[PDB]
Asker: 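I'm sharing a structure that contains sisomicin.
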2 protein chains.
Amino acid sequence: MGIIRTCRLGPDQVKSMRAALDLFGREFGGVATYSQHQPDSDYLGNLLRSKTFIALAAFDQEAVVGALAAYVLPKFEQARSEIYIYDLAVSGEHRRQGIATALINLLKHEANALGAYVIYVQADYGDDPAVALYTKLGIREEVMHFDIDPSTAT
Amino acid sequence: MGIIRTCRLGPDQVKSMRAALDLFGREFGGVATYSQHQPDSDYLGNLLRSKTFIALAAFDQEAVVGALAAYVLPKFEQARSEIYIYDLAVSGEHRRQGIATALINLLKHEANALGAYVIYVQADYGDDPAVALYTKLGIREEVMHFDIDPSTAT
Ligand SMILES: CC(C)(COP(=O)(O)OP(=O)(O)OC[C@H]1O[C@@H](n2cnc3c(N)ncnc32)[C@H](O)[C@@H]1OP(=O)(O)O)[C@@H](O)C(=O)NCCC(=O)NCCS
Ligand SMILES: CC(C)(COP(=O)(O)OP(=O)(O)OC[C@H]1O[C@@H](n2cnc3c(N)ncnc32)[C@H](O)[C@@H]1OP(=O)(O)O)[C@@H](O)C(=O)NCCC(=O)NCCS
Ligand SMILES: CN[C@@H]1[C@@H](O)[C@@H](O[C@@H]2[C@@H](O)[C@H](O[C@H]3OC(CN)=CC[C@H]3N)[C@@H](N)C[C@H]2N)OC[C@]1(C)O
Ligand SMILES: CN[C@@H]1[C@@H](O)[C@@H](O[C@@H]2[C@@H](O)[C@H](O[C@H]3OC(CN)=CC[C@H]3N)[C@@H](N)C[C@H]2N)OC[C@]1(C)O
């Protein structure tokens, strides 16, 4: 065991996508957010069918032990793409084994296939594993982010 | 004059989109990035046709004096959407007149129409106007961001 295989999920792999989401739940400690109100199978299908969403999964045999959810941003200034890693998680029982790194690597192959010139991801202050991983793999910038409630539309 | 009208651009408005991009160029001081290698009309059409890209523009009569480029992120954990402001600019000759605010407001109407529960935007340290605008309009978080070269795929 410990034969890890990485792939980009298609619309035929809703079962594996749901397992990625539970992984996300367990590992982000948001079991409710990620497992208890999942979309219907059509919704996931439509995600997985799309050219601008990428779901990557790592399998130790049958179980999903790593996943990565990204979005492709076709840019408007020029005919070029950027990729935005939204979420990335490896099973606690499978860390420091290169799975995250391999999913990013896989992601780079998808990017190359798409002609996307860059991939980016955001990390939180204190998320030290994530910060190390992306610092090893990327160029860091510190920035601000703001949420806005659309409720207040006038 | 100074009658400003805000709208979400459709695929019939490639001419106005190109003007948004020049605005972006002039105002971000990236005239090359934004004006000199624009996509072909089809590419823009396809952007403007899409349900997951939003281009908002403000017009003082015929000229574009404000624009906003966002992406809709249909989420995977749950059947819900988030909106990501990528770029936002108001003509230097038209600032502090509520145009940015009105484009965001417009954006909130689009979000509501989409069922999207939040909108977010990133700002740079020292971009004081932007920081004030989003601080007035949003809840700030400080975070890191990392670019990764897909070139190194192995
Ligand atoms: C971060 C996470 C994905 C790491 O996955 P991983 O497979 O263990 O990472 P890899 O083993 O492929 O590579 C780890 C590399 O990143 C860094 N790193 C990973 N875990 C680390 C840790 N615990 N402490 C310090 N650095 C760490 C190191 O550079 C390491 O390279 P090295 O072992 O040669 O020094 C996982 O532990 C996790 O908690 N996921 C959720 C975190 C997250 O970012 N969520 C929000 C979405 S981005
Ligand atoms: C930031 C920018 C969009 C402002 O547009 P604007 O129409 O002038 O903003 P509005 O007039 O609608 O509202 C401005 C509000 O934000 C803040 N603000 C705007 N300009 C400001 C400035 N120069 N200094 C301080 N605060 C400022 C204030 O809260 C103000 O509210 P108030 O006048 O009641 O105090 C524009 O000046 C610009 O430079 N665009 C590019 C910046 C950018 O963010 N680019 C990267 C993509 S996010
Ligand atoms: C509340 N505001 C939000 C803002 O936090 C941001 O969320 C980022 C998101 O991509 C990823 O979140 C995951 O990671 C972690 C640990 N870091 C916990 C929860 C996970 N989902 C991650 N790459 C970094 C996040 N900052 O954008 C969306 C938002 C709504 O604005
Ligand atoms: C180089 N790394 C990049 C990283 O900077 C980030 O760019 C953000 C982008 O949305 C918007 O940029 C605009 O604003 C400004 C002034 N702030 C200058 C150039 C404009 N295009 C803005 N909201 C904040 C940016 N930080 O993401 C993409 C990226 C490739 O990773």
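Note on naming: letters A, B, ... go to the chains in the order of the sequence lines (proteins, then strands), and numbering restarts at 1 for each one. In what follows, every heavy atom counts, from backbone to side chain, and hydrogens, waters and symmetry copies are set aside. Every number for a ligand or one of its atoms is a count from 1 in the order of the listing. Method reported for this entry: X-ray crystallography, 2.1 Å.
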Asker: Where do all copies of sisomicin turn up in this model?
Answerer: ligands 3 and 4
Asker: Can you help me out? I need the name, per the PDB entry, of the chain with the largest number of contacts to sisomicin (ligand 4).
Answerer: Aminoglycoside acetyltransferase
Asker: What are the letters of the other chains having a heavy atom under 4.0 Å from sisomicin (ligand 4)?
Answerer: A, B
Asker: Tell me the protein heavy atom at minimum distance from atom 28 (C) of sisomicin (ligand 4), and give that distance in Å.
Answerer: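 The closest one turns out to be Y86(B) OH, 3.4 Å.
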Asker: Is there a protein heavy atom at a distance of less than 4.0 Å from atom 13 (C) of sisomicin (ligand 4)?
Answerer: yes
Asker: Suppose I only count heavy atoms of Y84(B) and a 4.0 Å limit; which atoms of sisomicin (ligand 4) are within that range?
Answerer: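 That gives atoms 10 (O) of sisomicin (ligand 4).
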Asker: Go through sisomicin (ligand 4) atom by atom and flag the ones less than 4.0 Å from a non-hydrogen atom of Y34(B).
Answerer: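 Near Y34(B), meaning under 4.0 Å from one of its heavy atoms, sisomicin (ligand 4) has 20 (C), 21 (N).
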Asker: Within a distance under 4.0 Å of any heavy atom of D127(B), pick out the atoms of sisomicin (ligand 4) and give their elements.
Answerer: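 With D127(B) as reference, the close atoms of sisomicin (ligand 4) come out as 16 (C), 17 (N).
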Asker: Just to confirm my output: which protein heavy-atom neighbour is closest to atom 24 (C) of sisomicin (ligand 4), and how far is it?
Answerer: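 Answer for atom 24 (C) of sisomicin (ligand 4): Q122(B) O, 3.6 Å.
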Asker: What source species is given for chain B in the PDB entry?
Answerer: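 Per the PDB, the source organism is Acinetobacter baumannii.
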Asker: How far is atom 15 (C) of sisomicin (ligand 4) from the closest protein heavy atom, and which atom is that?
Answerer: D124(B) OD2, 4.0 Å
Asker: Can any other ligand or ion be found under 4.0 Å from sisomicin (ligand 4)?
Answerer: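 Found: ligand 2 (coenzyme A).
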Asker: Taking atom 18 (C) of sisomicin (ligand 4) as the reference point, report whether a protein heavy atom occurs under 4.0 Å from it.
Answerer: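 No.
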Asker: Just jot down the sisomicin (ligand 4) atoms closer than 4.0 angstrom to any heavy atom of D87(B), in number order.
Answerer: 11 (C), 12 (O), 13 (C), 20 (C), 21 (N)
Asker: Nearest to atom 4 (C) of sisomicin (ligand 4), what protein heavy atom do you find, and at what distance?
Answerer: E141(A) OE1, 3.3 Å
Asker: Among all protein non-hydrogen atoms, which one is nearest to atom 1 (C) of sisomicin (ligand 4), and what is the separation to 0.1 Å?
Answerer: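 The closest one turns out to be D147(B) OD2, 3.2 Å.
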Asker: So which heavy atom in the protein is nearest atom 29 (C) of sisomicin (ligand 4), and how far is it from that ligand atom?
Answerer: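 Of every protein heavy atom, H145(B) NE2, 3.7 Å lies nearest to atom 29 (C) of sisomicin (ligand 4).
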Asker: I need the residues around sisomicin (ligand 4) for my notes - heavy atoms within 4.0 Å, please.
Answerer: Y120(A), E141(A), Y34(B), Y84(B), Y86(B), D87(B), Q122(B), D124(B), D127(B), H145(B), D147(B)
